[PDB]
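A structure with acetylsalicylic acid.
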Amino acid sequence: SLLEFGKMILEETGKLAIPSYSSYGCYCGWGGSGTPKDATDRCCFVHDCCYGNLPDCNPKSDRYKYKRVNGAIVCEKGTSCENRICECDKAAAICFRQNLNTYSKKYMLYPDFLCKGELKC
Ligand SMILES: CC(=O)Oc1ccccc1C(=O)O
Ligand SMILES: [Ca+2]
């Protein structure tokens, strides 16, 4: 759920999910169109696509458990949905940490009219 995802983000990047990753670019948060603006936005695109592969799961509200084996994120056994949601979130958190160096505040609160086109998952 968003509760675990937000915590994973904070632990990984030192940034709070809201508002650093909730209105960034075209895909981070409310958002599903246009060309991703930068690496971080591409992380969100992939994350959206990952959730899209789970039509009969509820990733926003279904809670999963994860532990940290030293630095590594390890998803603990749960239902099939919880397992797959956790893997989507883990990937996004790592993607965010890998691209922190290019995170740009100019993409915060990005207006919707600047998100143009389509990218197919
Ligand atoms: C669901 C929502 O509106 O906000 C979020 C978007 C991305 C990551 C975390 C959150 C959140 O609310 O915690
Ligand atoms: Ca989105």
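We're sticking with the PDB entry numbering for chain A, so the shown stretch reads 1-14, 16-56, 59, 61, 67-86, 88-122, 124-131, 133, in order. For ligands, and for the atoms within them, numbers begin at 1 and follow the listed sequence.
In this structure, the ligands or chains belonging to acetylsalicylic acid are ligand 1.
The name UniProt gives to the main binding partner of acetylsalicylic acid in this structure is Basic phospholipase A2 VRV-PL-VIIIa. The set of residues with a heavy atom less than 4.0 Å from acetylsalicylic acid is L2, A18, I19. Of the protein's non-hydrogen atoms, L2 CD2, 4.8 Å is the one closest to atom 3 (O) of acetylsalicylic acid. Numbered from 1 in the order shown, with element, the atoms of acetylsalicylic acid that lie under 4.0 Å from a heavy atom of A18 read 8 (C), 9 (C). Considering only non-hydrogen protein atoms, atom 10 (C) of acetylsalicylic acid sits nearest to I19 CD1, 3.3 Å.
Among protein heavy atoms, atom 7 (C) of acetylsalicylic acid sits closest to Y22 O, 4.3 Å.
Per the entry, the source species of chain A is Daboia russellii russellii. Put simply, atom 13 (O) of acetylsalicylic acid has protein non-hydrogen atoms near it, under 4.0 Å away.
Nearest to acetylsalicylic acid among UniProt active-site residues of chain A (least heavy-atom distance, to 1 Å) is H48, 7 Å.
Given atom 6 (C) of acetylsalicylic acid, the protein heavy atom at minimum distance is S23 CB, 4.2 Å. Among the ligands and ions shown, no others lie under 4.0 Å from acetylsalicylic acid.
When the UniProt Ca(2+)-binding residues of chain A are filtered for a heavy atom under 4.0 Å from acetylsalicylic acid, nothing remains.
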